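Notes on a structure featuring progesterone.
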Amino acid sequence: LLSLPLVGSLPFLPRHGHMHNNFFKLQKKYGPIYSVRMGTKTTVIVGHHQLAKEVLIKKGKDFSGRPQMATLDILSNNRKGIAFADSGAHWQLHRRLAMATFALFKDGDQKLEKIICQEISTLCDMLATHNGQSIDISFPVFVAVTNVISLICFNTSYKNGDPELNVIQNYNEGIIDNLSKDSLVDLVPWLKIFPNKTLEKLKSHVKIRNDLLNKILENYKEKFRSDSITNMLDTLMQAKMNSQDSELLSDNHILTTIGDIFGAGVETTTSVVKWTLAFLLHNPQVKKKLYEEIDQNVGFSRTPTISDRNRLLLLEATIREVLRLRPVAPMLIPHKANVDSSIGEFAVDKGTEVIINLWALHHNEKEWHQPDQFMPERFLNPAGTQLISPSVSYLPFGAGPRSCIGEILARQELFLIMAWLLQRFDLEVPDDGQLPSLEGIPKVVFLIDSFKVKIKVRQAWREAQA
Ligand code: HEM
Ligand SMILES: CC(=O)[C@H]1CC[C@H]2[C@@H]3CCC4=CC(=O)CC[C@]4(C)[C@H]3CC[C@]12C
């Protein structure tokens, strides 16, 4: 009796469980590195830190490419910008100019910390009006960090009530939902198989956003002067008139770059805040210690500041643990091999998509103790007097040529938002008992479901205004 001809095989069910976890589970069978092939395209999936650091760092320039996706073509305006641009002149030029801009905010009246604390103070104010109510803090936060990024890009911010923020949130939500059903890593290229309106939807959202950007671009071409270089949009225009590069800095090129900066800045950081609050509602004991800690080292004589990250250690560990358990990009962004190269002595041909399963790196049992648990203690020494790095299998922000450019902005924004929130507010479970689900919704960003927090102004903050 004969066996059936097999026209295709896949190692697990599509749309069943989270991709990053499904790949992780296969390592029991196949090893920390393996490949899958769809049609003519081969994809490799790496899930151990050693091989990862080889793809990211050691042979970084070999694997610094981005694969083309129908859905990303639209968002990045045909692989422009930074995040979704192939490695090349365009990419390298803009990446450095972006990174350069963060130097203009290292001191002065535009010290990044001052720009941040300003919008947080607007934030805490707004929230305080909801004293004794249960609310979704997504949009109050979205607004705060949008303002920070807008100040970095244009030296401007939005006024409270401005409906442009709403327009932005709508297309932000729409781009994310249509960018991919789930993770960016798709096994089967569904959208090319069945009739669907996925691309039409994404175009019409991204059109709105590109309109809004182009509008800002025009109403800044007049306000620009080489005598004043203070923000990201200045930096890009400075470098354009000095030009071989006149093509690499067209309108569409600066548009799309500002695009990635705006998106990355707001969505990643707002997601992580939410994940942070969510975890603390599940773990009161930790929350108590964070309250206890903040009262000892900052009290109520003043508002928190960067310099406090040197003493508010448990808060720092907490943020570190949230980024461990729930990475923003559980599988980073997909990489590509620019040349023929190797990983763990295995040949990898030019054009091969390479995927780093960061989920596997943060949940590896040999590297972490009880990795499935939320234990910020893991990032502190046994006394709790300094921070540690208990594993090298940890890469929230990536590494090497395509690593995160806004890590420093992000780490600060997060630290300040929580510290302020913790100083001023009692954050509790809403009256009907519902906690949020820490299962999460993997899209291009690892989101959490909407949820509510009952929010009260702490007595100790009130009884210290007299
Ligand atoms: C907690 C917050 C954040 C996390 C965990 C994070 C993490 C990451 C990761 C994993 C990547 C891709 C790594 C790779 O492809 O190898 C990335 C890329 C990038 N991130 Fe972030 N990020 C965060 C916040 C931000 C912020 C605040 C900005 C502000 C501008 C930003 C801008 C970018 C850009 C432009 C890239 C593309 C890099 C490239 O293609 O060369 N991100 N980030
Ligand atoms: C963490 C990360 O990789 C960042 C780098 C580029 C960022 C994205 C590119 C710009 C962008 C625009 C949007 O309208 C939704 C948010 C997105 C889709 C951004 C979400 C987070 C990304 C994917």
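Counting from 1, the numbers follow the sequence of the chain as shown. Ligands are counted one by one from 1 in listed order, and the atoms in each one are counted from 1 as well. Worth knowing before you read on, the calculation uses all heavy atoms, side chains too, and leaves out hydrogens, waters and symmetry mates. If you're wondering, the header gives X-ray crystallography, 2.8 Å.
- Taking every instance into account, the structure holds progesterone at ligand 2.
- Most heavy-atom contacts to progesterone in this structure come from the chain listed in UniProt as Steroid 17-alpha-hydroxylase/17,20 lyase.
- Counting heavy atoms under 4.0 Å, the binding site of progesterone comprises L75, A83, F84, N172, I175, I176, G259, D260, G263, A264, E267, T268, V328, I333, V444, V445.
- Covalent partner of progesterone: none modeled.
- Both criteria (UniProt heme-binding in chain A; heavy atom under 4.0 Å from progesterone) are met by no residue.
- There are UniProt substrate-binding residues of chain A with a non-hydrogen atom under 4.0 Å from progesterone, namely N172.
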